[PDB]
Amino acid sequence: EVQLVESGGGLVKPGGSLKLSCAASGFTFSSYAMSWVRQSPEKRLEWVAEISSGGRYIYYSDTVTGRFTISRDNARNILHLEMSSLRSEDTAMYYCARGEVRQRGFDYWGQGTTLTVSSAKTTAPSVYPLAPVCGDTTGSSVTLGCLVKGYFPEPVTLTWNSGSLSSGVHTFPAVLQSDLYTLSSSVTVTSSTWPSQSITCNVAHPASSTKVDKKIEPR
Amino acid sequence: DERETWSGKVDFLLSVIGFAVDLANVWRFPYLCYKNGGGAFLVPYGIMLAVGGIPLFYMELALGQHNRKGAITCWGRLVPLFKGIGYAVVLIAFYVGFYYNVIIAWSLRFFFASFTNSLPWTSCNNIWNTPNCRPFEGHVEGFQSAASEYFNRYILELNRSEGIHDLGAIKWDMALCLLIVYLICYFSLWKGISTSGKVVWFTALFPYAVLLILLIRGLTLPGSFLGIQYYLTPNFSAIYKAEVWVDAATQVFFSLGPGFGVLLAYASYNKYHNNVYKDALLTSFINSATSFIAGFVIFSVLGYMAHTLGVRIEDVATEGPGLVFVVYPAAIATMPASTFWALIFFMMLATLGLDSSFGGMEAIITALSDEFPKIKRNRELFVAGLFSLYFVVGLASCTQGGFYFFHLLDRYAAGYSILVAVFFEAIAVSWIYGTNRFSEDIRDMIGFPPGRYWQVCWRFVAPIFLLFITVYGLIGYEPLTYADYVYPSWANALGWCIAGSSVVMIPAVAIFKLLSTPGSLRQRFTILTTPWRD
Amino acid sequence: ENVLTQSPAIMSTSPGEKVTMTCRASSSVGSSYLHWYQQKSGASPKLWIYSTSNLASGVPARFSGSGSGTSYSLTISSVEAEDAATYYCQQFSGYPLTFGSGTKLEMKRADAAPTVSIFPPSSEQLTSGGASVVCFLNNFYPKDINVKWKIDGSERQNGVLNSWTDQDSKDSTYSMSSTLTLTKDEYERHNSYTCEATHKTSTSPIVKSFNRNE
Ligand SMILES: CC(C)CCC[C@@H](C)[C@H]1CC[C@H]2[C@@H]3CC=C4C[C@@H](OC(=O)CCC(=O)O)CC[C@]4(C)[C@H]3CC[C@]12C
Ligand SMILES: CCCCCCCCCCO[C@@H]1O[C@H](CO)[C@@H](O[C@H]2O[C@H](CO)[C@@H](O)[C@H](O)[C@H]2O)[C@H](O)[C@H]1O
Ligand SMILES: CC(C)CCC[C@@H](C)[C@H]1CC[C@H]2[C@@H]3CC=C4C[C@@H](O)CC[C@]4(C)[C@H]3CC[C@]12C
Ligand SMILES: CNCC[C@H](Oc1cccc2ccccc12)c1cccs1
Ligand SMILES: [Cl-]
Ligand code: NA
Ligand code: NA
């Protein structure tokens, strides 16, 4: 049915410009007023701009006026948001929402596109296998780990044995410290299955063209 | 900028109700039910109301609130090529002011005439009577009722005019009543809606009190239920006939006022985010509901006449001014406390017209103030200049042949002329300007767009709805007559000047603006088909 | 602008119970312009209730809406675990449009102790000149836990990174990683590393240690 797909967006420097796009499909796009809503990394929803059906009625929030420009291509059914003089507080995931009836709210949302505004520079992670200690191999289960340290920006993709191993997996969200992210994942399996079988940590950081696989040997 | 706004929501609602609800809700709607199969007439009346009437009513109200300007500027700011529509409509309403207030003057003359315990129009032995006078209505032309000869030979003195060429003496009792009408219209309109929006509290509400009283008096009368039978006994044999659907269409379009720039001007002082769509449905409903109620007031009394007074219902179930100035007063004079029902009856008629005259005048003023600020800064002067023109020329309507003058304008001042005007309004909005922009405009105001129902009605139904009326209006054409009088050839063509005087501004201002904007022809249409907001 | 504050911020409920959440506006809002959204972890928001009380399409009848003026509430008759999410209110009667501060609904369960694992540096990181010791505290309830690091016998307080998982949609439990990074020199200058977890379950903490030789 109705589908919205936000595109563009990644990392910009303070003052830079960037242009986001929302691809509409499944309804008469030109009949519905659309709006840009964003969500800071502190998980707060903030409305940004609304554009009417024909693009003749425009509303900006006082936080982006003069810098953001919302526009509409009713021919190709594309929604746009042109950003200039970008500040770090503009760092958020940007949502494209459909809301023609005010008495009805936004009945359809895209999946978002992420915008990071930092003077920090892209760096590839260092993937470390967390093989356990050399103590008694006690217990039915054994827990392994993978340390993804010192990268920027988000996101990465961490899977175990190329995704075939999902149960017992705890992938902890990244935490930013001194302009660098650090991430870890824990996997727990039966002592019979390891090191009898191979356990590898698959990390992907497309921002730095990084794609690494680390096997967990118990040295 | 900043434009004045209603001091209260009710001031607007009452101003629109007072405009929409007038004598046509009393002296035409019940007749049509009676004439066209009773309650069965509600079917085409309701269909024509929901597909033609209210869609046009809603349009102008929304269109007036959104563009914040009177009729001339609004249509210039919308489709500049059709700025003449505003011009056309403003002086249609200017023409109507020359005959409509005559009815309020008559209502006030009968009011002042009812200050006695022996109402004069009940006897056939006065100086103004003929040997052929009857106590109550008959069905032979040369033998008239006591109430018809009082109205015709004393109030009007119409027996002394051989036609529109012979107007005769000025009746200064009538000339005085007319002045009192324009005085009320002045001290209610000179300071704008600040005061206008308060007088409508009386003029629009007082009729309901009188209707309530007369409703109870009528239904308590012997024979009342017989009248309600004649009023509402259904007969769907009529629905198959085309002339019925025309009566319904025409009454709907005229009982509401769409296209006259009145609702435009009235909604122009609304707040931009006011729920005008809610206002249109409520005001429309009250206009029709009032006619339906007034029907009982009339026909309860009409049955009492046919039952206790020995008259044939076909002879008293009439329409137009004859019902309110001859038929209904005759019945009152029979009832005890007759003097009381007269005074409230004629005040009802006066208040029924006053708030309609207000909107017509305000449509003119507002339209001109928004185009010529010289008169916007000098309102109290313009209205006195306007109303004095209305009064001086109005003296012709206070002559002994004033009815021939009245009937001439009633036929030509706003009949075909407004139908074609609104035809372009509907075309300009739905086709030149666009239902897309119009709906987009409405969403910004009330938060939601019009349903597809309204959009289809504005784009296809309303034009053929108006076309349906204008075609059959031309089919049944016959030159202007009143009783045995046939208007001369020159008077007939005079009404065609008046009719075309307004409509001609539509293609005229198109020509004048096509020849004033530079460029290629498609380069000139595009410059004259883009709105001011763009 | 019209500030919309929601209370409570976080809320734990046992399946079947009745939750109520409030939304209070700094300026009156037309009952027909107040809406609610549900947002699941890592997914987009979804329109949940529009015009105060009308349920969106696909919304079960256990949800109801109510309120007027400056006070609104969302109510769930009998909660199900598939209702654990953050709920946002919104007003659409005034520009700028504003969203409430959120109410996070979480699932209550029986208390559970964490299984604590400890991991020393890898020789791949030691080559780089860094050394970080990691501690995993998995599948425990409630969410609040406290970690304490000890190098040899002494407690180290700085140089630590803590991460928390979202509540598991399977067993309604939590998990936490703790990572203490040092320099390789400072790491090799001691030989006992200890990660003790203080949780509501046990009075005494759960301890996990290793020595740098064996
Ligand atoms: C009181 C009696 C004697 C007079 C005749 C009754 C009318 C006041 C009623 C009868 C038919 C009704 C209508 C029936 C059809 C509708 C369509 C309706 O629009 C819709 O269908 C939904 C569109 C939307 O909600 O946006 C709006 C009211 C209306 C015009 C009704 C308005 C009022 C109407 C004219
Ligand atoms: C506060 C004043 C405000 C302005 C009022 C304007 C009224 C218009 C002028 C009326 O002229 C008089 O009208 C009376 C009524 O039409 C006539 O009375 C006649 O008719 C009465 C009944 O209507 C009888 O009672 C009288 O005896 C009989 O002379 C009377 O001849 C006539 O000169
Ligand atoms: C039997 C008949 C005479 C009953 C009379 C009908 C009267 C009572 C009805 C018909 C028109 C109605 C008015 C129509 C519009 C409004 C606007 C609303 O915001 C306030 C009430 C008000 C002013 C109504 C008051 C009651 C009213 C005057
Ligand atoms: C019943 N709705 C209002 C009637 C409307 O009333 C007016 C419409 C337009 C201008 C008017 C000026 C003075 C009095 C009434 C006016 C008319 C349409 C055709 C003749 S009269
Ligand atoms: Cl009517
Ligand atoms: Na009126
Ligand atoms: Na009417």
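Chains: lettered A, B, ... by order of sequence lines. Numbering, chain A: per the PDB entry, residues 1-219 in sequence. The residue numbers of chain B are those assigned by the PDB entry, with the residues present covering 25-161, 203-599 sequentially. All residue numbers given for chain C refer to the PDB entry; the residues shown span 1-214 in order. Reckoned from all heavy atoms, side chains included, excluding hydrogens, waters and symmetry mates. Counting starts at 1 for both ligands and their atoms, following the listed order.
Among duloxetine, hydroflumethiazide, chlorthalidone, tenofovir, the molecule seen at ligand 4 is duloxetine. Going by UniProt, the chain with the most contacts to duloxetine (ligand 4) here is Sodium-dependent dopamine transporter. Counting only non-hydrogen atoms, chains lying under 4.0 Å from duloxetine (ligand 4): B. Site of duloxetine (ligand 4) with heavy atoms closer than 4.0 Å: B:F43, B:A44, B:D46, B:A117, B:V120, B:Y123, B:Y124, B:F319, B:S320, B:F325, B:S421, B:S422, B:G425. UniProt's Na(+)-binding annotation for chain B and the heavy-atom shell under 4.0 Å around duloxetine (ligand 4) share B:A44, B:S320, B:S421. Short-range neighbours of duloxetine (ligand 4) under 4.0 Å, ligands and ions only: ligand 7 (sodium ion).
The heavy-atom cut-off of 4.0 Å around duloxetine (ligand 4) picks out, among the UniProt transmembrane segments of chain B counted from the N terminus, 1, 3, 6, 8.
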